[PDB]
Amino acid sequence: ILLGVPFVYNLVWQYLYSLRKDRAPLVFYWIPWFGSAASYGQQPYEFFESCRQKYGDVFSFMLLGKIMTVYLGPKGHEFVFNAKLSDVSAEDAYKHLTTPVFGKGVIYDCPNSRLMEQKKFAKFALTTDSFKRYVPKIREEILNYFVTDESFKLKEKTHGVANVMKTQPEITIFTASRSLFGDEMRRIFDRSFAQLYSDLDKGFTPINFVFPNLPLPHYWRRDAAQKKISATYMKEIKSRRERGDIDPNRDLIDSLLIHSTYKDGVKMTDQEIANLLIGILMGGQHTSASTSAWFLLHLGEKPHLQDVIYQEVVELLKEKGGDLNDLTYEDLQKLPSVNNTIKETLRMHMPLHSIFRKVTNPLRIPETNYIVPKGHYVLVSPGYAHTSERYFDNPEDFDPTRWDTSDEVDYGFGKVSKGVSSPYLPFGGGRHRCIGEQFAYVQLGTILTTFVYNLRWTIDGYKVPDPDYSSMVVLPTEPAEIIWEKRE
Ligand SMILES: CC[C@@H](C)n1ncn(-c2ccc(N3CCN(c4ccc(OC[C@H]5CO[C@](Cn6cncn6)(c6ccc(Cl)cc6Cl)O5)cc4)CC3)cc2)c1=O
Ligand code: HEM
């Protein structure tokens, strides 16, 4: 009867909290501590609506013992994405997840001042010039999946059925490796190095937000996975240092080697660079492999859209008389089917759905008397707004064409926007703004252009998969496959 005992107190307390006209409204739930982890972790945009139809734009909900004050729409964007440091912490929300996976010292295992420069150091491999050297590497890597991978084998076969839960994560990590990390880190993925990243993934799971370490196999296998992979990168670092092979514009390992001394002259360690390398590779590999998976599916549901984005690239190549191997970075900038498709795929399917900070001193919510106390979490969600009749009409319609017809601030890593209020914020905003956006459109952009150029495909049933949210990012439920045929 320690069933009534918690029930009666958590129940009676749930009503207690109703009183305070200074605390945002809270969603009801029957389980103590567990809260709405059910309804939210399964379909959270419905859940958001199922709360806005009741409470408007501002509200809260329990989540595995932790409070999550929400704020929808461009006003929520300003409230969380642009909070300054003395009220919200982005590390105190993302720490227990990313750190055990990437390693100490970097990303969220350091103060914000540190993180700001790591994002600056990174950006030295993310320039207009880098992207020109990456396009053909990324492309040729793709084509090498098309010819050597059992899902395609385009030099033997002419029709097939490729799983996008396999093709895209492998193509994504292979193209990221080959371009960001260079040829030896890519050649070393022949080995089931991949198995080590599989071991690292299975411990990069939302459950880390509460259970980041406990004595289980995939926990210790993740710990060991991070140790083996950093030391691999720590080995590439040492081997190109002592070789004198540090080329300040080529890879991201280079660029990180050069620039990795802080404002106060303090020096990132060899492992700290390796960990940050791990985070970068893993973060970008998830969010990019997802987006290419979806725009592969959606183009298979509306195969007309492969033909738009196809004819666009042959008009450019016919002006160059130069085949696909002569399709450059600046040519990506002139193919708006590709970019709007990616832009649309990111509207319909932003990879992160919730975005947290934790509250570090009481924070007054604007035009309310609600104050978030030290202890609760804030949650923006550019995703809700990405698929609301409020901000886009026919959010259901995968419409790449819909994309036709404030100055700046620099927190540390180059100039970003001061404006956060756009309904469309796939890459976030503020000091935690993403730095791989333009890079992602070079990847997704070459994946996409290469696929369409060689492959025409459909998806059987014209049923686009339902989305899953068990995981760190949002992915199609399998069987998520594509029925393809060589174009020639
Ligand atoms: C398991 C039981 C089941 C019933 N259930 N019950 C509840 N839930 C649930 C709850 C919460 C969540 N999540 C979803 C994921 N979410 C989340 C994911 C990523 C994230 O990322 C923010 C930061 C840290 O990681 C990166 C991701 N990234 C950004 N750009 C590219 N990747 C990041 C930033 C920088 C670097 Cl270097 C790497 C990375 Cl990974 O940004 C924040 C929140 C938290 C809530 C999912 C399911 C369930 O599945
Ligand atoms: C389509 C692909 C991507 C999407 C949709 C995406 C999304 C996001 C979002 C929403 C944030 C803000 C998180 C917050 O404010 O809480 C963010 C930040 C970030 N992203 Fe991306 N990202 C993508 C690609 C990448 C890639 C390829 C990389 C690395 C090469 C990367 C690295 C980062 C980093 C380092 C941050 C900084 C977070 C911080 O400063 O705290 N992202 N991203």
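We number each residue from 1, following the sequence as shown. The figures that follow rest on heavy atoms only: side chains count, while hydrogens, waters and symmetry mates do not. This deposition comes from X-ray crystallography, 2.9 Å. Start at 1 and go down the list; that is how both ligands and their atoms are numbered.
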Q. Which molecule here shares more close contacts with ligand 1 than any other chain, as the PDB entry names it?
A. Lanosterol 14-alpha demethylase
(Q) Wondering which of velsecorat, zafirlukast, itraconazole, digitoxin shows up at ligand 1 - can you check? (A) itraconazole
Q: Extract the source organism of chain A from the PDB entry.
A: Candida albicans (strain SC5314 / ATCC MYA-2876)
Q. Which residues flagged by UniProt as binding oteseconazole in chain A come closer than 4.0 Å to itraconazole by heavy-atom distance?
A. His353
Q: Give the residues of chain A annotated by UniProt as itraconazole-binding that have any non-hydrogen atom less than 4.0 Å from itraconazole.
A: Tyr94
Q. What is the residue list for the binding site of itraconazole, using non-hydrogen contacts under 4.0 Å?
A. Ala37, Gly41, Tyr94, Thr98, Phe102, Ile107, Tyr108, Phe204, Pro206, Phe209, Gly279, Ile280, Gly283, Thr287, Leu352, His353, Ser354, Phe356, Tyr469, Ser470, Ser471, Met472
